[PDB]
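Vorinostat bound to Histone deacetylase 2.
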Amino acid sequence: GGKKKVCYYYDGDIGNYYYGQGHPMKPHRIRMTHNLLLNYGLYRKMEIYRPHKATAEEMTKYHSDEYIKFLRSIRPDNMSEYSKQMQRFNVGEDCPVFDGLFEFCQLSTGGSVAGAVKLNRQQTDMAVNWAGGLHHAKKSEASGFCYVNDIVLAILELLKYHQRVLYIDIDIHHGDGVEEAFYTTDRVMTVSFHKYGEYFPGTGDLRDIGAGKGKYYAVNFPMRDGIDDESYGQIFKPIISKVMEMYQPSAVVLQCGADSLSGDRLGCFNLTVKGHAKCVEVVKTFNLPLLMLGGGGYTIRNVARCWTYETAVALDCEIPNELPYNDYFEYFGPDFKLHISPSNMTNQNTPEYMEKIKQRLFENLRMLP
Ligand SMILES: O=C(CCCCCCC(=O)Nc1ccccc1)NO
Ligand SMILES: O=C1CC[C@@H](c2ccc(Cl)cc2)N1
Ligand SMILES: [Ca+2]
Ligand code: NA
Ligand SMILES: [Zn+2]
C-alpha cells in the first residue's frame, strides 16, 4: 500500500514534568525516545510538529466542566484548600498534584487532537503522539496516572469525518476509560489486550462486550503473566483481521503502551520490541488512517527502544541494532543495542487458553450486522 506519510508530535517541555520522588511514571522517557530517534536520523523521513496546548473548550468535549476547572486550579501550594475535590476527582495518590500539571495535560492532549485533525484533513496517513495514550482518565475522574483522556478526545475529533473508528490497545493494562466512553455506541469499537486478574484497573473481562447500541462493540482479551512474542502474535493478527472484516472502520487509533515488554517495572509480560512492534506492522497493513499513541512504560530504556523502533516501522525504515550515540547513551548499557531479549519467566498463557479465548471472541464478532 506504499510507504506512508508520517506526522510526529513532540514538545521538548514534556520531559521536564515530574510526578514526584518514587513515582514510576517518568515523562522524561518521551525526551529519551525523541533523542534516540533523532540520532538514528528518522527526522529526515517524517514531519515533526510541536502540538498546541489543548484548551478547556477542547477538553470539555468529553470531560466535565467541574473536573477541568479543578485541573486548571489545583497546585501543590493550594492542595489543602481542595481536599474534598481531590478525593472526588481521584487526585493525590496514583495521580499526584505536581507543578505544571494542567500544562502537562494540555501538551499530551494537544498532540493527539492535532494528529486526529491532520488525519481528518487527509494531510497524513499516520500521526504519532508518544506523549499520548492516557487510556484510564474518565469524564470526571483521574485514574492510573492519567488526568485527561487524549484518546477519547482524539476519537471524538475523528468521528466528525469517520462513521466508524477502531481503537486497539496493546498496553498491558485494560483501556477502561476509552471503553467506558464508547461502551454504548457502535461508532467506536474498542479492542483491548491486557493482563487480567489481581491487576490494575480490575476491568476488561472477556464477558464485557458493550451495552445498548454498543453491544458486541467492546472486545476484551484477558491474559495471564508471561506472554511471549509467539503467543501474542498468534492471537493478535487473527483477532484484528476478523475485527477489520466485520467492523470495517475508516480510521484506527492504536495505543502502544510499552509496559507489555519483558522487564517492565510494573508489567509481567515477556514481549520483545520486535513482538510489540509486530502489532504496529499488522495494523499498518490495513492501509487506514492511523493515530499511534504511547501509554504506560516504566523501564524507560526499553520504552525509548520500543517507540523508536515503532516510529521506524511506521516509516518502513530499517535501522541498525547498534544504538547510535545519544544524550542518554549510558541508560542503554550494558549492551547498547536497540532490541531486547525475553526473560525466562514462565508463560502462564497456555496455547489452549489462547485459542479458547480467541474462539469466544470470534463468536461475539459473528454477532455484528
Ligand atoms: O500503565 C498504566 C497505569 C498503571 C497504574 C498503576 C497504578 C498502581 C501503582 O503501581 N501505583 C503506584 C506505584 C508506585 C508508586 C506510586 C503508585 N496504564 O497503562
Ligand atoms: O510520559 C508521559 C506523557 C503522558 C504521561 C502518561 C500517563 C499515563 C499513561 Cl497510561 C500514559 C502516559 N506520561
Ligand atoms: Ca491493553
Ligand atoms: Na463501543
Ligand atoms: Zn499500562
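Numbering of residues begins at 1 and proceeds along the displayed sequence. Computation of the quantities below employed the complete heavy-atom set of this structure, encompassing side-chain atoms and omitting hydrogens, waters and symmetry-equivalent molecules. We count ligands from 1, going down the list as the structure has it; atoms in each ligand are counted the same way.
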Q: Provide the full list of ligands or chains for vorinostat.
A: ligand 1
Q | chain A: UniProt active-site residue nearest vorinostat (ligand 1) and heavy-atom distance | A | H136, 3 Å
Q) So which heavy atom in the protein is nearest atom 14 (C) of vorinostat (ligand 1), and how far is it from that ligand atom? A) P24 CD, 3.5 Å
Q.
Could you check which UniProt-annotated Ca(2+) binders in chain A have any non-hydrogen atom under 4.0 Å from vorinostat (ligand 1)?
A. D171, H173
Q: Could you tell me whether vorinostat (ligand 1) has any atom less than 4.0 Å away from a heavy atom of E93?
A: no
Q. Judging by distance only, is a nitrogen or oxygen of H135 under 3.5 angstrom from one on vorinostat (ligand 1)?
A. yes
Q.
Just wondering which Zn(2+)-binding residues from UniProt for chain A are within 4.0 Å of vorinostat (ligand 1), heavy-atom wise.
A. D171, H173, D259
Q) Where is the nearest protein heavy atom to atom 6 (C) of vorinostat (ligand 1): which residue, which atom, and how far? A) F145 CZ, 3.7 Å
Q: Examine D259 against vorinostat (ligand 1) and note whether any of their N/O atoms are separated by less than 3.5 Å.
A: yes
Q. For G295, is the nearest heavy atom under 4.0 Å from an atom of vorinostat (ligand 1)?
A. no
**Q.** Protein heavy atom at shortest distance from atom 18 (N) of vorinostat (ligand 1)
**A.** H136 NE2, 2.8 Å
Q) Closest non-hydrogen protein atom to atom 12 (C) of vorinostat (ligand 1), residue and atom name please, with distance? A) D94 OD1, 3.8 Å
(Q) What residues end up in the site of vorinostat (ligand 1) at 4.0 Å, going by heavy-atom distances? (A) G22, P24, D94, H135, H136, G144, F145, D171, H173, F200, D259, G296, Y298
